[PDB]
A.B. asks: 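PDB structure, HIV-1 protease holding TMC310911.
Labels below follow one simple rule: chain letters A, B, ... track the order of the sequence lines, proteins then strands, and each chain is numbered from 1. Method of determination (from the header): X-ray crystallography, 1.9 Å. Just the heavy atoms: all of them, side chains too, but no hydrogens, waters or symmetry mates, feed the values below. Note that ligands are numbered from 1 as they come in the structure, with each ligand's atoms numbered from 1 the same way.
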2 protein chains.
Amino acid sequence: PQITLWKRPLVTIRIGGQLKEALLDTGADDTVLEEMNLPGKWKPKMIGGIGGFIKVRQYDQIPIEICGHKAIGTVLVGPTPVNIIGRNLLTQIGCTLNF
Amino acid sequence: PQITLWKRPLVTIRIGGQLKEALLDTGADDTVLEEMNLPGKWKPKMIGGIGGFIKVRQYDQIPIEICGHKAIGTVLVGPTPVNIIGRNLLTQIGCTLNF
Ligand SMILES: CC(C)CN(C[C@@H](O)[C@H](Cc1ccccc1)NC(=O)O[C@H]1CO[C@H]2OCC[C@H]21)S(=O)(=O)c1ccc2nc(NC3CCN(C4CCCC4)CC3)sc2c1
């Protein structure tokens, strides 16, 4: 599909038995999801945005379904105000910017 | 152009005769530039990201040429970690997400 930018580019994502709304975010290197207790190994990390850094948990090789397209990769979990789909996954679903 | 997301979507912008690199950012509602001088009236504003809130100066009706395409709109100036072109100007240059 083509998504215009008049409104926030929010789309449905699925990660396990959790369906969530997430921002397709070309300004995000990484994918950052709201707090969720995912299984398996993780590593602590700090990521920085406009107003400073937050502490997140880095989970690797997590399958995530974005608008019905399959992806699998690193997901950062922590106290973000919005679920953010970053470039690590946007490239996997074939996402480009066009103008 | 078509811009892939294997690398940060950084483009050159022209604002007030100066060239800057800025990030095409679909997850940003607003355009936020690193501290710089701009002419005219401005108003104190606050915006929130990951990490919290910052204080910015809001300049209205500022021309920016973004990768060859003209926009004229609101530009926020403050302690953003990177110059970001948000949806308010992305829409003006006809930018969409496609996959
Ligand atoms: C600001 C921008 C440069 C980055 N932000 C994405 C942005 O779209 C954000 C998304 C957003 C939206 C809403 C709320 C909150 C956020 N929007 C935003 O702040 O918009 C504001 C402007 O307009 C307003 O409208 C929306 C909010 C306002 S971010 O959310 O903070 C963000 C996301 C993923 C990410 N991955 C990282 N990995 C890497 C880690 C490793 N390091 C390197 C590794 C070794 C050294 C450094 C590189 C970064 S660092 C990093 C930072």
A.B. asks: Where do all copies of TMC310911 turn up in this model?
C.D. replies: ligand 1
A.B. asks: Using a heavy-atom cut-off of 4.0 Å, enumerate the other chains touching TMC310911 (ligand 1).
C.D. replies: A, B
A.B. asks: Would you say TMC310911 (ligand 1) has an N or O under 3.5 Å from any N or O of A/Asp25?
C.D. replies: yes
A.B. asks: My question is simple, although I want it checked carefully: is atom 44 (C) of TMC310911 (ligand 1) less than 4.0 angstrom from any protein heavy atom?
C.D. replies: no
A.B. asks: I want to know if TMC310911 (ligand 1) touches B/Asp30 in the polar sense, i.e. an N/O pair below 3.5 angstrom.
C.D. replies: yes
A.B. asks: Tell me the contacting part of B/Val82 for TMC310911 (ligand 1): side chain, backbone, both, or neither, using a 4.0 Å heavy-atom threshold, strictly below.
C.D. replies: side chain
A.B. asks: What do you think, any protein heavy atom under 4.0 angstrom from atom 15 (C) of TMC310911 (ligand 1)?
C.D. replies: yes
A.B. asks: Does A/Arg8 approach TMC310911 (ligand 1) within less than 4.0 angstrom via side chain, backbone, both or neither, non-hydrogen atoms only?
C.D. replies: side chain
A.B. asks: Pull out every atom of TMC310911 (ligand 1) sitting under 4.0 Å from any heavy atom of A/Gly27, numbered as shown with elements.
C.D. replies: 2 (C), 3 (C), 4 (C), 6 (C)
A.B. asks: Is the contact between A/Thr31 and TMC310911 (ligand 1) made by the side chain, the backbone, both, or neither, using heavy atoms and a 4.0 Å cut-off?
C.D. replies: neither
A.B. asks: Of the choices B/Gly51, A/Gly86, A/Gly48, A/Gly49, which has the non-hydrogen atom that lies closest to atom 51 (C) of TMC310911 (ligand 1)?
C.D. replies: A/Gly48
A.B. asks: Determine, counting only non-hydrogen atoms of the protein, whether one lies under 4.0 angstrom from atom 47 (C) of TMC310911 (ligand 1).
C.D. replies: no
A.B. asks: Flag A/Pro81 as yes when one of its N or O atoms lies below 3.5 Å from any N or O atom of TMC310911 (ligand 1), and as no otherwise.
C.D. replies: no
A.B. asks: What residues sit within 4.0 Å of TMC310911 (ligand 1), counting only heavy atoms?
C.D. replies: A/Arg8, A/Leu23, A/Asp25, A/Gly27, A/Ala28, A/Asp29, A/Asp30, A/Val32, A/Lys45, A/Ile47, A/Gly48, A/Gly49, A/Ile50, A/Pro81, A/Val82, A/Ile84, B/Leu23, B/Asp25, B/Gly27, B/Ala28, B/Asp29, B/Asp30, B/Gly48, B/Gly49, B/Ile50, B/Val82
